[PDB]
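Heads up, this one has vaniprevir in it.
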Amino acid sequence: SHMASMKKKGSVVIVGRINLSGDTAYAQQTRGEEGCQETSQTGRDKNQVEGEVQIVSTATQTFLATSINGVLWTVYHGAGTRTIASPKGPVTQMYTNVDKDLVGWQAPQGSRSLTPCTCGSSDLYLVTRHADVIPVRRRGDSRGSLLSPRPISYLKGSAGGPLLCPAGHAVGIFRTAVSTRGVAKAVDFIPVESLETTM
Ligand SMILES: CC[C@@H]1C[C@]1(NC(=O)[C@@H]1C[C@@H]2CN1C(=O)[C@H](C(C)(C)C)NC(=O)OCC(C)(C)CCCCc1cccc3c1CN(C3)C(=O)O2)C(=O)NS(=O)(=O)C1CC1
Ligand SMILES: [Zn+2]
């Protein structure tokens, strides 16, 4: 009831990226934890952004965000309704859809966007926050099976990351693991068409 002392949640902050530009996929950190906490509070992030897949953090969570069609997309269960930190201060979401577990902000200057897939191919590749590239066979509109199942620990923190087709187009945004006894045999994702509809 004490309005004057009510806090505000911080912004989502870009803290690194998954580098896919060369022959080797690898994670790069661009901001440490202390800088992250400060930048989340101010919403002012002057660091250079590059690439398609960003590693992002709040005060309490870390996950991924993926640029497609000039929008940096991620999961609502990570970002909520938060702004994203940017060189000019906090930027408000331009898309929010709790029903799809989806949010988006205008893509940061310097980022590159993936192109939505129109191949209609079911051989996919999930990119994790550790830059693992995991083959996934598409099994429905929003499901795919891991060719090599993994403990959910290996996938944790990768929601918001991409599933890509063989040509490197965006097919979906990783949302949940389909897990039994802690082993992810499959994943659920927001299909890129659903992004395109939300747009
Ligand atoms: C561990 C790697 C996982 C990718 C990951 N995501 C998760 O942990 C999400 C968050 C939460 C639970 N969950 C699951 O994956 C659970 C699980 C394994 C934890 C047991 N699976 C499940 O319920 O399958 C059941 C299934 C039927 C497939 C759900 C479909 C419904 C899909 C759905 C539709 C509409 C709205 C909402 C949902 C799900 N939703 C809101 C929501 O909040 O989901 C993550 O890494 N998160 S993270 O660590 O990066 C986090 C910091 C951001
Ligand atoms: Zn494609």
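We're numbering straight along the sequence, starting at 1. Because only heavy atoms are used, hydrogens play no part in the values below, and waters and symmetry mates are left out as well, while side chains stay in. We count ligands from 1, going down the list as the structure has it; atoms in each ligand are counted the same way.
- One finds vaniprevir in this structure at ligand 1.
- With a 4.0 Å heavy-atom cut-off, vaniprevir is reached by the side chain of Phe174 but not by its N, CA, C or O.
- If you check each of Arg129, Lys100, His77 against atom 53 (C) of vaniprevir, the one with the closest non-hydrogen atom is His77.
- In this structure, atom 41 (C) of vaniprevir is in close contact with the protein, since a protein heavy atom lies within 4.0 Å of it.
- Scanning the protein heavy atoms around atom 12 (C) of vaniprevir, the nearest turns out to be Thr176 CG2, 4.5 Å.
- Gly157 N, 3.0 Å is the protein heavy atom nearest to atom 49 (O) of vaniprevir.
- Close approach to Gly78 involves these atoms of vaniprevir, each under 4.0 Å from a residue heavy atom: 53 (C).
- Given atom 20 (C) of vaniprevir, the protein heavy atom at minimum distance is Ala177 O, 4.7 Å.
- Vaniprevir is approached by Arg143 to a heavy-atom distance shorter than 4.0 Å.
- Interface of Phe63 with vaniprevir, defined as ligand atoms under 4.0 Å from a residue heavy atom, comprises 50 (O), 52 (C), 53 (C).
- Counting only heavy atoms, the protein gets under 4.0 Å from atom 28 (C) of vaniprevir.
- Residue-ligand proximity: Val187 is placed with every non-hydrogen atom at 4.0 Å or more from vaniprevir.
- Close approach to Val98 involves these atoms of vaniprevir, each under 4.0 Å from a residue heavy atom: 36 (C).
- For atom 23 (O) of vaniprevir, the nearest protein heavy atom lies 4.0 Å away or farther.
- Neither the backbone nor the side chain of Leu64 has any atom closer than 4.0 Å to an atom of vaniprevir (non-hydrogen atoms only).
- In this structure, the binding site of vaniprevir at 4.0 Å (heavy atoms) is formed by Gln61, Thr62, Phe63, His77, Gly78, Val98, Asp99, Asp101, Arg143, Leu155, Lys156, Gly157, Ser158, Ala159, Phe174, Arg175, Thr176, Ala177, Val178, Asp188.
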